[PDB]
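Complex: indinavir / Pol polyprotein.
Proteins get letters first, then strands, A, B, ... in listed order; numbering begins at 1 in each. No hydrogens, no waters, no symmetry mates; every other heavy atom, side chains included, goes into these values. In listed order, ligands and their atoms are each counted from 1. Looking at the header, which is where the method is noted, we find X-ray crystallography, 1.5 Å.
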2 protein chains.
Amino acid sequence: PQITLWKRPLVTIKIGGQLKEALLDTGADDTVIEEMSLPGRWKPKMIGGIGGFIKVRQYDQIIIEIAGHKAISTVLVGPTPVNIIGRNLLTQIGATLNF
Amino acid sequence: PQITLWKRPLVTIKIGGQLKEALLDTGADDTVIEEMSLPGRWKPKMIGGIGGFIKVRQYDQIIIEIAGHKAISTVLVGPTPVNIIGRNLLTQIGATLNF
Ligand SMILES: CC(C)(C)NC(=O)[C@@H]1CN(Cc2cccnc2)CCN1C[C@@H](O)C[C@@H](Cc1ccccc1)C(=O)N[C@H]1c2ccccc2C[C@H]1O
Ligand SMILES: [Cl-]
């Protein structure tokens with residue numbers, strides 16, 4: 001699709017076998033999902049936003065589907081106020097910002 | 001142009017007559033610029049991101065140029081880590097997210 005930006009560019013994702021809504025975020029380097037149970041090994045990380053930092057669980061090689069695109073990438077899980085799809089996955093689905 | 005997302009989507013902006021670099025951010029509702037001297041009336045506001053909220057100066061009806069595209073909009077100024085161009089201005093220059 002070509003997504004206009006009058007509202008938040010939200011898409012449906014599947015992660016850990018669960019359907020969720022997430023924000024396509026060109027300003028985010030990484031993909032960060034709200035606190036959930038996810039199976040697998042992980043390692044701690046801290047990531048920085050506009051209001052400071054949060055601690056997350058970094059999961060490598062996680063299967064995730066984004067607006068029907070089947071992907072495999074690193075997914076961070078932590079106390080983000082919104083599910084965020086960042087550049088690591090925007091690149092996998094071939095997204096571009098056009099003007 | 002059409003900007004891929006292998007790298008941060010950084011562009012040159014002009015604000016207050018001064019050239020700066022900024023991030024085109026579809027995940028940002030608003031536009032927030034690092035602390036700078038900008039003429040004009042303003043009022044305080046809070047904006048929230050990962051990590052919490054920050055207090056900024058809200059300037060209404062500010063002229064700004066984004067990668068050669070002029071626009072007039074609300075611009076926030078405060079202790080943001082990076083200059084961010086949000087949806088309020090992305091929509092004004094006709095930007096879309098495509099995949
Ligand atoms: C990987 C991670 C997600 C942590 N990235 C960010 O938070 C980066 C941080 N940098 C900075 C950075 C910090 C440290 C290291 N490298 C980079 C600045 C830009 N953000 C990207 C933003 O797009 C993220 C969104 C998330 C969000 C959306 C809706 C509601 C809550 C949170 C964001 O912060 N948006 C907020 C926002 C932003 C600007 C203006 C107004 C508003 C309101 C709101 O839309
Ligand atoms: Cl859960």
Give every ligand number or chain letter for indinavir. ligand 1
Any idea which other chains have a non-hydrogen atom closer than 4.0 Å to indinavir (ligand 1)? A, B
I'd love a list of the residues lining indinavir (ligand 1) within 4.0 Å - heavy atoms, by chain and number. A/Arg8, A/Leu23, A/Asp25, A/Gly27, A/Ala28, A/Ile47, A/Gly48, A/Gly49, A/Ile50, A/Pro81, A/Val82, A/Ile84, B/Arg8, B/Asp25, B/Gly27, B/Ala28, B/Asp29, B/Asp30, B/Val32, B/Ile47, B/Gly48, B/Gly49, B/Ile50, B/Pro81, B/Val82, B/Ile84
Quick check: A/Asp25 and indinavir (ligand 1), any N/O pair under 3.5 Å apart? yes
List the closest protein heavy-atom neighbour of atom 38 (C) of indinavir (ligand 1): residue, atom name, distance to the nearest 0.1 Å. B/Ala28 CB, 3.7 Å
List indinavir (ligand 1) atoms under 4.0 Å from A/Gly27, heavy atoms only on the residue side. 8 (C), 19 (C), 20 (N), 21 (C)
Distance to 0.1 Å, residue and atom name: give those for the protein heavy atom nearest to atom 13 (C) of indinavir (ligand 1). A/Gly48 O, 3.4 Å
Regarding indinavir (ligand 1), does A/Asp29 bring an N or O atom to under 3.5 Å of one of the ligand's N or O atoms? no
Of all the non-hydrogen atoms in the protein, which one sits nearest to atom 32 (C) of indinavir (ligand 1), and at what distance? A/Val82 CG1, 3.5 Å
Indicate yes or no: does an N/O atom of B/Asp30 lie under 3.5 Å from an N/O atom of indinavir (ligand 1)? no
For indinavir (ligand 1), which atoms, with element, lie under 4.0 Å from some heavy atom of A/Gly49? 7 (O), 9 (C), 13 (C)
Indicate the residue and atom of the covalent attachment for indinavir (ligand 1), or state that none is modeled. none
Hey, which atoms in indinavir (ligand 1) end up nearer than 4.0 Å to a heavy atom of A/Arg8? 29 (C), 30 (C)
